[PDB]
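The following structure: tetracycline with Tetracycline repressor protein class D.
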Protein chains: 2
Amino acid sequence: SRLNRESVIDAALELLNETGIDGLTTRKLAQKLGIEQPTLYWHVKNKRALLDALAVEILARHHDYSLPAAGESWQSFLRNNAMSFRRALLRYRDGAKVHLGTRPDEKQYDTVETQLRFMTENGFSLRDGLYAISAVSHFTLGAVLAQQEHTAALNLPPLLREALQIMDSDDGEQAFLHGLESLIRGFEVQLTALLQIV
Amino acid sequence: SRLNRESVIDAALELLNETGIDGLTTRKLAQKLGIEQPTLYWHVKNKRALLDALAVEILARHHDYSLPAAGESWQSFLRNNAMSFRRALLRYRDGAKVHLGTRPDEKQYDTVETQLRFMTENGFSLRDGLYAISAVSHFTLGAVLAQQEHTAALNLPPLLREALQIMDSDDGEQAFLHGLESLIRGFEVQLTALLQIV
Ligand SMILES: CN(C)[C@@H]1C(O)=C(C(N)=O)C(=O)[C@@]2(O)C(O)=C3C(=O)c4c(O)cccc4[C@@](C)(O)[C@H]3C[C@@H]12
Ligand SMILES: CN(C)[C@@H]1C(O)=C(C(N)=O)C(=O)[C@@]2(O)C(O)=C3C(=O)c4c(O)cccc4[C@@](C)(O)[C@H]3C[C@@H]12
Ligand SMILES: [Cl-]
Ligand SMILES: [Cl-]
Ligand SMILES: [Cl-]
Ligand SMILES: [Cl-]
Ligand SMILES: [Cl-]
Ligand SMILES: [Cl-]
Ligand SMILES: [Cl-]
Ligand SMILES: [Cl-]
Ligand SMILES: [Cl-]
Ligand SMILES: [Cl-]
Ligand SMILES: [Cl-]
Ligand SMILES: [Cl-]
Ligand SMILES: [Mg+2]
Ligand SMILES: [Mg+2]
């Protein structure tokens, strides 16, 4: 079938949904594409290359809140951004595993530079803004991975029994959203402290 | 060589360090143990079973701050606990990947019940205590995975160039510790608010 970049990526994401990340292979992608392996190789050199591009394309396609709205507070941007990042990661099977270990791609440079600049224009040092952004990313990544990998892997004392009912009660959104608010407020307390002991 | 549980686990962890998690296999474990595969099978049924037990044993062996000290504040316990969890996850290659998707084991029940009880004795509802504990776990998991998987996978606008120097500057401990403080303070602001609008 068609082997332009967009079509290869479409097929790969469809396969990711079928197999998950551990089970995704270039051999299986070739089969899905109706092509022989040396044909695939011309287009896609190895699994790493493919995973690198899926991480980028999952966000380009589905991570819609990458930029602050005009006038938006930094707290609100981080909140919407995290929510959007989470949704994009959850969209495909093992999506968070796909993102892990990537670094920003050149096609994301201007976006991510805008995010870092925006934090600094709101009073953060570059370093502190980066810490806040990285904490949001790590927290969101952790939460999504816990959920998705929990699913992959698939006598109690009373408080643990209950905690597990609680967790078995929703998809992880409630705990994520509550933690996110805590994270943001801690950042704010830090920012507003300046050089005061806090 | 010896195939009691402790010896199998020792050998598996040594192998994990050599191969990482994706490359860890029961065939390679058998080779390391000097035994044939059907011999290994008697002891270890599959990879999942082995990963499940490594997650438990990495914490039993190296996660030393699982319990509050007498008199310790909840904020301090979460801090020490997170630090200890991080260190244990970083101890083996792909350690955080090994933990992901596990649930508490019966051998951890009494420990984890004590943690949940401790949060409730400090004013948290079970639900809110669990959210705090899960946020710490997810944040710490995210941070460790970002680091370890970054390593596995191994023109810039100026703020991104600098951010990447910053990140290339330490192992991830500084950003983790700073984020952790933010997370804890947000939890505290929440706890102390009671029913006030905050
Ligand atoms: C916080 N939010 C989830 C950010 C985001 O929305 C992104 C986006 N493309 O819109 C990311 O790329 C974003 O999700 C993301 O992945 C980011 C990163 O990986 C990094 C890394 O690894 C190193 C330095 C800088 C960044 C970063 C500033 O680009 C990160 C921004 C992340
Ligand atoms: C926060 N800190 C890192 C905790 C910890 O120190 C643990 C330990 N064994 O000492 C965990 O098991 C701990 O790390 C950990 O893994 C915990 C969990 O996985 C869960 C899950 O998945 C579901 C319900 C309850 C828990 C939990 C209360 O046992 C978690 C406690 C985690
Ligand atoms: Cl076609
Ligand atoms: Cl073509
Ligand atoms: Cl194209
Ligand atoms: Cl492959
Ligand atoms: Cl295959
Ligand atoms: Cl990452
Ligand atoms: Cl022996
Ligand atoms: Cl034996
Ligand atoms: Cl033993
Ligand atoms: Cl295997
Ligand atoms: Cl093998
Ligand atoms: Cl997990
Ligand atoms: Mg990233
Ligand atoms: Mg766990």
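The chains are labelled alphabetically, A first, in the order the sequence lines are listed. Following the PDB entry, chain A residues are numbered 2-155, 165-208, in order. We number chain B the same way the PDB entry does; the residues here are 2-155, 165-208, in that order. FYI, side chains are in, hydrogens and waters are out, and symmetry mates aren't considered; it's all heavy atoms of this structure. Counting convention: from 1, in listed order, for ligands and their atoms alike.
- Including duplicates, the parts belonging to tetracycline are ligands 1 and 2.
- For tetracycline (ligand 2), the other chains with a heavy atom below 4.0 Å are labelled A, B.
- The presence of a protein heavy atom under 4.0 Å from atom 17 (C) of tetracycline (ligand 2) is ruled out.
- Between B:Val137, A:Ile176, B:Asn82, it is B:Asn82 that holds the heavy atom closest to atom 1 (C) of tetracycline (ligand 2).
- Under 4.0 Å from tetracycline (ligand 2), the heavy atoms of A:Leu174 that appear belong solely to its side chain.
- Within tetracycline (ligand 2), counting atoms from 1 as listed, the ones closer than 4.0 Å to a heavy atom of B:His100 are 16 (O).
- Within the 4.0 Å heavy-atom criterion, neither part of A:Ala173 lies near tetracycline (ligand 2).
- At the top of the distance list for atom 13 (C) of tetracycline (ligand 2), counting protein heavy atoms only, stands B:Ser138 OG, 4.5 Å.
- As for UniProt Mg(2+)-binding residues in chain B, a heavy atom under 4.0 Å from tetracycline (ligand 2) is present in B:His100.
- In terms of protein heavy-atom proximity, atom 12 (O) of tetracycline (ligand 2) is closest to B:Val113 CG1, 3.5 Å.
- Within the structure, each other ligand or ion under 4.0 Å from tetracycline (ligand 2) is listed here: ligand 16 (magnesium ion).
- Judged by heavy-atom distance, the UniProt tetracycline-binding residues in chain B that approach tetracycline (ligand 2) within 4.0 Å amount to B:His64, B:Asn82.
- Close approach of tetracycline (ligand 2) to A:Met177 (heavy-atom distance below 4.0 Å) involves ligand atoms 21 (C), 22 (O), 23 (C), 24 (C).
- Heavy atoms within 4.0 Å of tetracycline (ligand 2) belong to A:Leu170, A:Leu174, A:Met177, B:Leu60, B:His64, B:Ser67, B:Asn82, B:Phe86, B:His100, B:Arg104, B:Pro105, B:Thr112, B:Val113, B:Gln116, B:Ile134, B:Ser138.
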